[PDB]
Q: 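Below: one structure in structure tokens.
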Amino acid sequence: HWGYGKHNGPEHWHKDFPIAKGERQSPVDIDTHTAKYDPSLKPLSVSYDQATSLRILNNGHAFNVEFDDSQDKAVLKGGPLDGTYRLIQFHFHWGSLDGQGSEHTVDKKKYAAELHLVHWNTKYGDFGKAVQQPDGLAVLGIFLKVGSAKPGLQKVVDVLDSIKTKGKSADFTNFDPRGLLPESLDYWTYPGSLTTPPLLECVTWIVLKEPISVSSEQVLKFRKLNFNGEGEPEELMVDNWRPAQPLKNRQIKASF
Ligand SMILES: NS(=O)(=O)c1cc([C@@]2(O)NC(=O)c3ccccc32)ccc1Cl
Ligand SMILES: [Hg+2]
Ligand SMILES: [Zn+2]
């Protein structure tokens, strides 16, 4: 099935998922000089105080930190969004080297990694129904650079040992996603898609301008994870990013 290797990677995906060459695919390059400040954007509201994490899962592509979404507890609203979007999970994309790893790029600059916090529109009852809608999802994207350690990431880093291979999960309750955010919520926004198959075009993207910094040894442990399942030959989980896709005269708006 789909992956990131030579034979199952990003430009193989279109065969099972034709929407890969669609009109609103993600990620994209953010050309800072082409992005326009948008006055009609309301303030962005990230409310993660009541967030209820449950478990961490190696799903063979990345690792997901999953949340209880059966009540309004961790919600994104405002900015380009209408209504309320509930946090369901977060995950990262990263590289084999510090000079690559992010999915979005800024004036063609690649960051060492990218975090995705995934939320679904409550008017649709659940995630499965929301991903059938043009405004079903909202993803908050955050860039990672190598420098100083990110304290609020270490609990994730420390548990990666327990989920080294595909299908492994561990209890991961009481994780606070607020410790992953940069200071500024200045962002770019554009309509787009999931960046993994089925690549559904249901996402309002909100990509923060300010990167978070993580330590060399934090990213190194991401790179010790496995794409393979237990008892299989070791395939290091690295370079699990899709490259930038055609903008196709969508407009990228700046909040700033
Ligand atoms: N990379 S991503 O943030 O666009 C994203 C990835 C996923 C996914 O790769 N992570 C999953 O666990 C999953 C399950 C079914 C389909 C797709 C996925 C889900 C939603 C989103 Cl918004
Ligand atoms: Hg959709
Ligand atoms: Zn993602």
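Since chain A takes its numbers from the PDB entry, the residues it shows come out as 4-125, 127-260. So this one's X-ray crystallography, 1.9 Å, going by the header. Counting starts at 1 for both ligands and their atoms, following the listed order.
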Q: The drug at ligand 1: which of maprotiline, trichlormethiazide, chlorthalidone is it?
A: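 From the list, chlorthalidone.
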Q: Hey, which chain has the most contacts with chlorthalidone here? Just the name UniProt gives it.
A: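 The largest share of contacts goes to Carbonic anhydrase 2.
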Q: Under 4.0 Å, heavy atom to atom, what does chlorthalidone touch in the other chains?
A: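 Counting heavy atoms, the site comprises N62, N67, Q92, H94, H96, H119, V121, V143, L198, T199, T200, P201, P202, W209.
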Q: Considering both backbone and side-chain atoms of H119, is one of its nitrogen or oxygen atoms within less than 3.5 Å of a nitrogen or oxygen in chlorthalidone?
A: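 N/O-N/O distance under 3.5 Å: yes.
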Q: Using a heavy-atom cut-off of 4.0 Å, list the UniProt Zn(2+)-binding residues in chain A near chlorthalidone.
A: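 The UniProt Zn(2+)-binding residues passing the heavy-atom test: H94, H96, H119.
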Q: Number the atoms of chlorthalidone from 1 as they appear, then name those within less than 4.0 Å of a heavy atom of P202, with their elements.
A: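 Taking each heavy atom of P202 in turn, chlorthalidone has 16 (C) under 4.0 Å.
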Q: Can you pull out the closest protein heavy atom to atom 8 (C) of chlorthalidone? Residue, atom name and distance to 0.1 Å, please.
A: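 Going atom by atom, the protein heavy atom closest to atom 8 (C) of chlorthalidone ends up being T200 OG1, 3.5 Å.
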Q: Could you say whether the N/O atoms of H94 and chlorthalidone ever approach to under 3.5 Å?
A: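 Right, the criterion is met.
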Q: Just wondering - which UniProt-listed active-site residue of chain A is nearest to chlorthalidone, and at what heavy-atom distance (1 Å precision)?
A: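 Going by UniProt and heavy atoms, that would be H64, 6 Å.
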Q: Quick check: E106 and chlorthalidone, any N/O pair under 3.5 Å apart?
A: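 No.
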Q: If you take the residues UniProt annotates as binding substrate in chain A, which of them have a heavy atom under 4.0 Å from chlorthalidone?
A: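 The UniProt-listed residues with a non-hydrogen atom that close: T199, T200.
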Q: Nearest to atom 4 (O) of chlorthalidone, what protein heavy atom do you find, and at what distance?
A: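 Result: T199 N, 2.9 Å.
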Q: For atom 21 (C) of chlorthalidone, grab the closest protein heavy atom and report residue, atom and distance to one decimal in Å.
A: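 Sorting protein heavy atoms by distance from atom 21 (C) of chlorthalidone puts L198 CD2, 3.6 Å first.
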Q: Point out the UniProt domain of chain A where most residues touching chlorthalidone sit.
A: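 Mostly the UniProt domain Alpha-carbonic anhydrase.
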Q: Got any other ligands or ions under 4.0 Å from chlorthalidone?
A: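 Under 4.0 Å from chlorthalidone, the others are ligand 3 (zinc ion).
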Q: Considering the heavy atoms of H96, write down every atom of chlorthalidone situated less than 4.0 Å from one of them.
A: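 Numbered from 1, chlorthalidone contributes 1 (N).
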Q: Can you list the chlorthalidone atoms lying under 4.0 Å from a non-hydrogen atom of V143?
A: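 That gives atoms 3 (O), 22 (Cl) of chlorthalidone.
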Q: Taking only heavy atoms of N67 into account, list the atoms of chlorthalidone that are under 4.0 Å away from them.
A: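 Counting atoms of chlorthalidone from 1, those under 4.0 Å from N67 are 10 (N), 11 (C), 12 (O).
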Q: Got the closest protein heavy atom to atom 10 (N) of chlorthalidone, with its distance?
A: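 Protein heavy atom with the smallest distance to atom 10 (N) of chlorthalidone: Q92 NE2, 3.4 Å.
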Q: Using a 4.0 Å cutoff against the non-hydrogen atoms of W209, which atoms of chlorthalidone qualify?
A: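 Per the distance check, 4 (O).
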Q: So, for atom 14 (C) of chlorthalidone, does the protein have a heavy atom nearer than 4.0 Å?
A: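 No, there is none.
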Q: At what distance is the nearest protein heavy atom to atom 17 (C) of chlorthalidone, and which residue and atom is it?
A: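 It is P201 O, 3.7 Å.
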